[PDB]
> 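Complex: glibenclamide : ATP-binding cassette sub-family C member 8 isoform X2.
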Amino acid sequence: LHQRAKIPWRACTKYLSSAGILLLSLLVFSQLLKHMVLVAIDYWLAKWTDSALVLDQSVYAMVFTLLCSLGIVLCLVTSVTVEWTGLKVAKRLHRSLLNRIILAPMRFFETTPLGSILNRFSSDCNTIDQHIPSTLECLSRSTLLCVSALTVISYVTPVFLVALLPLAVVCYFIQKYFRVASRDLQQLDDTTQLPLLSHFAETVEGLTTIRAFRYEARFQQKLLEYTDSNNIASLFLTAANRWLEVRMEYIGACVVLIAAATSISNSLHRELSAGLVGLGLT
Amino acid sequence: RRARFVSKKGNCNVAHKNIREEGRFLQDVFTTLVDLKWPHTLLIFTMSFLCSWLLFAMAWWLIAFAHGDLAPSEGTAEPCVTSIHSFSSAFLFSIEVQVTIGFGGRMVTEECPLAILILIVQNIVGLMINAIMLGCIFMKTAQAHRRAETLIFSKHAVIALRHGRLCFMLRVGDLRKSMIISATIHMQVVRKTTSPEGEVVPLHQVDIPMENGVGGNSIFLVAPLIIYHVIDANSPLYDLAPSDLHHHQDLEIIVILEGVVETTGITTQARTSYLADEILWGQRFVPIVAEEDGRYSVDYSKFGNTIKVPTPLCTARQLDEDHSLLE
Amino acid sequence: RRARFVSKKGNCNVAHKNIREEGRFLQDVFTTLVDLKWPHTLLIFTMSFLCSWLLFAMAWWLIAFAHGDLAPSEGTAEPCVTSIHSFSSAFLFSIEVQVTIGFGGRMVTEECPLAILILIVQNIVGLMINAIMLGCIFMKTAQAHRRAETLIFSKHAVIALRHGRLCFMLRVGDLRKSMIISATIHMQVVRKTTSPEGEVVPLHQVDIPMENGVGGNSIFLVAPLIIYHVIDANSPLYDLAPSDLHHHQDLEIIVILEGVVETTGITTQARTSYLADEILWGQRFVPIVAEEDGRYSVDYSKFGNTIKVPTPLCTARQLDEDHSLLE
Amino acid sequence: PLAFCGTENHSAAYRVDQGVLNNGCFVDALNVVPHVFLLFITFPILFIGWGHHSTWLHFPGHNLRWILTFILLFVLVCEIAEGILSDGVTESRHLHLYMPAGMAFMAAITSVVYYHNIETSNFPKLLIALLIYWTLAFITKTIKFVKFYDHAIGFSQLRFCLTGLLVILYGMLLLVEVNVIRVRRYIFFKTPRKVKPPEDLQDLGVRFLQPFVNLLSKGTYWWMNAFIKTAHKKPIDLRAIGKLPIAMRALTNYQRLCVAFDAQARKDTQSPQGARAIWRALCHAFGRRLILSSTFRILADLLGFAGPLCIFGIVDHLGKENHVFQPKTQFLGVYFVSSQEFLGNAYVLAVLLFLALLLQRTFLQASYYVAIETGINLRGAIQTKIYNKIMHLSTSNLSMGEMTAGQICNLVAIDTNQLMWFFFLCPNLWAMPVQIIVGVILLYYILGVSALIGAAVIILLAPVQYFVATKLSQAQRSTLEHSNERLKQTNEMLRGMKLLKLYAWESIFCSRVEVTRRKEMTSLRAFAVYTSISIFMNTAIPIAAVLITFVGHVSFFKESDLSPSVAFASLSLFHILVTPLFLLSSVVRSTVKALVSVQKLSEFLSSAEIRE
Ligand SMILES: COc1ccc(Cl)cc1C(=O)NCCc1ccc(S(=O)(=O)NC(=O)NC2CCCCC2)cc1
Ligand SMILES: Nc1ncnc2c1ncn2[C@@H]1O[C@H](COP(=O)(O)OP(=O)(O)OP(=O)(O)O)[C@@H](O)[C@H]1O
Ligand SMILES: Nc1ncnc2c1ncn2[C@@H]1O[C@H](COP(=O)(O)OP(=O)(O)OP(=O)(O)O)[C@@H](O)[C@H]1O
């Protein structure tokens, strides 16, 4: 149970260390700088609109254009960097796995099943080659966007941190419980998908024998049981997903209510500009 | 048609006629007062309090008139009770003295001793009727008849072969966590029986023994357990054929559960009946208890489900004769 | 794993599922109200009193507004209730009338009859709910479930040879000077038993007879005395080998002590259980009573101490067969 | 101190001589009555019940009364907001403007909880309290509405509209309670109609209790709390996961699909198992639930624009210099806020934004769940249909080679899955056009033609995402072919590894496996390039759109000057519009794959069969 609920920190560390110091450093720097540039773009929009409210407008337009162009360039840089990192890690990892499997003693091949060795090269290599780069990019971008957004709405309203702490605790508990439940449900969903397809194959290649024994009804009932197991696994997985999403959207509703109320109070009679509350609201 | 001695919910359907009441029904007045349903009891007690208030209001108003306190006066004389100007003042004052609120705008003074005597009498009878109502609804609050409604019996009783012998089986369960302490079960066969001398009794009740390890009538009811009576050589159901289990057969088997509630410490009684059509042959109750996740779980959805079991379709006397033939 | 029917402290571990409640759990509302733990019961009753006070405070405030007593009057009008200036005055007045303190700064006058009617209604319902709470916690004050916790059973039961025959022995004691009047003990063997016809019951309870001189179930419990069941030819523990006394053996022996308290006169029930591992073989309880300085003294420090005694390590059926071989 | 009517003109609002019923704060106090009564009766019952397993049932009008009470809570929040908003000018606090509405809000929540505990315990005779409460609330609200009409209060003042909504809602809830009386005769009838809970709910082993919980528990998925908290304690297996409810079972959905197929086959007999017939059968089988999901999705799409609109209103109000709010209309010495100046306040727009998002995201998740559940039911029914076709097909066509085991295997594996995933994304088919069109219209009204230019550039994301997705799919197809060859070589090497160890023939095989790996890497480089292009376009087209719309608005068009309200509302509109535009290409590709999958499934179902 302790190993089940444990995030594979060592595996992620080895995966990122196979990329090299230069490429990983460039990836981290590009991601952080790009999200800072996006924050700068929206903050400059707030200052621009405040200046137009009080009303160097061409200077404002030129700085906004420069910031947006820098953001587009850095988006290209971070996309190319994360895909390059995935390619390099995939190549090095497959080469190392092939060489180490080759150097293994014959006792290892005699005792261990062929499926365990080959499933790495088939499924785990495919996952590392294709799915992990995009998932790593999505996780990095979403985490940095959430952190930058919380930082912005805490910058416009410093009193938001007081309400941010209990919301952070509640969100942490929600995501922990969802992660353990969702891991179990996803694994169960795949393991329920497998025997249904195997049953379809077995029935097709042995149809004459099945119909000669008059075992059509029994095999149909077996199929009904298999697909009911797959359906209930899928339904529990999507119910857990909707549970998490409802909780997160309600947390976001509380966040926008607190940020709105505090920013309106600070903007009415505490000398906060309208652009900053609009920034925090978005 | 086919009148039953006791209903399925335990209500007794006997009509009682030509009862020479000699006041014995209302001499036990407090039992009636507890036995009234709750809106009736509330109506009785609010009516008694209102009647006492109105009677002593009339007394106070009469005293205030007879002392001249109702006539306006300059101020030489002092009233028996201050500020009694009409019957409304007397009614408010009677309420004040009897419920002991005592606002003090209208108070008894020392002028006429009749007001003092009426004050004494009103306080005595107010404490008296307050005590009477209090004790009556303390008995009523302690009634365990609603605790008897959450003791369920199976709708169908079954006769199945158990240990090579016929057994009349029923299931009784309890829905609450509260125990029923010293739970005893009495079972009867209510049937019109004719004596060999020609004596005909219409509702003859024969106590049938519940099968028990100690040979008595005592159950420990936490989970719903099957109550069964073993049909042996000396039993009223000895000649009970499968064909006798139809609606217009003179046969009713009442079951009387009894015991005290763990909470109130008051003996309660739950009961039910089984007519001949309600008794099933060749069936036995499904297993209702399961061990789930380190606890014994009872699935009450399968409380009265029976599975049709191959049992010999002949009465237990024929089973004894046929078994002696085989042996 | 190894779910037990009743715990060592008497708690029943049965989970009840799929209970079609038809309001029967809350129709017995007074049993629930007594059964709530003491902080919950206090919370219910203070909330009910506060709700009644607030509701009639709203009534008094509404009447005082509708009569114009809340406005600064011209000085001629007489209020329904004197000195009601806000909702706080109405709340204090509602408290005064319902608890019958009656300070009299705010009192009902004879001006509007609606105030008189509300006074009548508030007094009636105040006496009513005061009576309801009073009776509920009089039942709660009389609960003997805490008196069942001071009746102790030995943690280990023992099977030892007594008078040339196997006996399942346990010790029960009472810690208080107060007697438990008409103390009866019921013992069961709770075990999943399979009938010869194929009927499988999961929690089959078989009443085993407590060995007594009069052949019944009645004990006189002053000093802790050893309760023992004689394993004879017709007993559920007849084929109970020493090897069967392990944790994952389907065997539980529950013991149910019952009786009324000498103080409150209310029947209480104490219980415990003994799994197969909790039953010791070849041991018997140490003597616990001694005669010290002209009195019989009980040393409760040796309440559950057992001495390993040489007994035959075979079941009682084998004892009967082997004894018939020797005889 | 606090006064109910307020301390004005030496408390002249407490004067009642003119008529007690036409005094405004006395009928406002009469309004408080039913709420206090409801709290008084219902609190001890709930508190006693809060001090086993029930297999609850649902009373008639359950969904209707949950919807009605949600609307009631929204209207009572509006009542509290306008009451607080309308006494911001007077020195004394008028409690009667918002405190009756606050106690009404508390009483409505209490009524929902009390109804839930009545419904679970199945004791409908406790609904007498709800009947009395709805009667009293409806009567007092009707008195307030009638006295408002008698005192020349029209629809210009918001409080009149809100109290009319309250009259209508209390009447509807009273009608729901009377309908509960009529259907289940717990009062006035000699024998009540006994109703048993559903048979799949009584099954100890059905643990997907979504169709049986209440409407709030269906929208918030509150029944998953116990399941997930237990899943933290112990791992989930095929036993902790229960049995399917009867509504969602392969036999049930398959029989429903068979009924739909028979109804379709009666109409057109030229091709009873063609693609059109299968599509019409799927519509007849699952269309009500599909349009329920689409209704939730459309309502969520419309309510999601309350974000930018409330942002526009809030920042427009906060951008107003020296704002001096003072409601012009005053009746009976009591101020009334009109509807135009009600929605001009930043606080109530924030509160309405909170409520609108709270409702909108719940509706979006409900649409997602209904679409997923119907896709899963369709997958079960379609798999049962395919397997029933398998039991009858002749093995001669298996011999001829027009079918294999692999063809039927992938017909279940990817084709049924594609149809299921299309039914997942089916409400998007008209949700995304509606949301995109309404968003572009709101962009035009908020900002102008510059927003039209920016919206055109952000709409350009969908065709380029479609092109990049097509190139990505074919690049991964080439990668799949090379990976299959590499797995073939690796499998042969691993199986002949003993002989390779014997002859020291490893590195020569490593060279060939690595040559295949290098060619696979050459394909995977193009795959990763197109993935990077997709990511860059998705995360850079909104930046370009925002840049061009604001720069063109201030420089090229030279329109009305940029304000924080319009700019941040437009930015929120772009943040809303980016996601459906990105997923539109995936939805279109899913629709095309669904058409191909249904055609393939029709060609399978229209094949040869053994004779009877
Ligand atoms: C996240 O969606 C969207 C986001 C934006 C837009 Cl504009 C449209 C959609 C959309 O069209 N969404 C409806 C369809 C949908 C699909 C997956 C998910 S899900 O939660 O990510 N995943 C699962 O539930 N998978 C279950 C697990 C068992 C097998 C497959 C079903 C949630 C919903
Ligand atoms: N119809 C009746 N209703 C109520 N009680 C009755 C009735 N008949 C007799 N009893 C009671 O039965 C008892 C007398 O027994 P029995 O049936 O022989 O009556 P009895 O001799 O006619 O009566 P009594 O002794 O009053 O003259 C008394 O307790 C009497 O109250
Ligand atoms: N799941 C349950 N929970 C609580 N009580 C139950 C349950 N099932 C049956 N009962 C009770 O058992 C008795 C009826 O016995 P039985 O088990 O045969 O049920 P039934 O015939 O289905 O019920 P009903 O008579 O209400 O239609 C009634 O007192 C009923 O309240």
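Sequence lines map to chains A, B, C, ... one by one, in the order shown. Residues 990-1044, 1060-1286, in that order, are what chain A shows, numbered as in the PDB entry. Using the PDB entry numbers, chain B covers 31-357, in order. We're sticking with the PDB entry numbering for chain C, so the shown stretch reads 31-357, in order. Here chain D follows the PDB entry, giving residues 2-52, 61-621 in order. Heavy atoms only: backbone and side chains are in, while hydrogens, waters and symmetry mates are out. Determined via electron microscopy, 2.9 Å. Heads up: this isn't the whole entry, just a piece of it, and contacts are only counted within that piece. In each ligand, atom 1 is the first atom listed, and ligand 1 is the first ligand listed.
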> What are all the ligands or chains assigned to glibenclamide?
ligand 1
> Which other chains have a heavy atom within 4.0 Å (strictly less) of glibenclamide?
A, D
> Name the residues that contact glibenclamide at heavy-atom distances below 4.0 Å.
A:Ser1238, A:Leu1241, A:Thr1242, A:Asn1245, A:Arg1246, D:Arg306, D:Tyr377, D:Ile381, D:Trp430, D:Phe433, D:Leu434, D:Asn437, D:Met441, D:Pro589, D:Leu592
> At what residue and atom is a covalent bond to glibenclamide recorded in the entry?
none
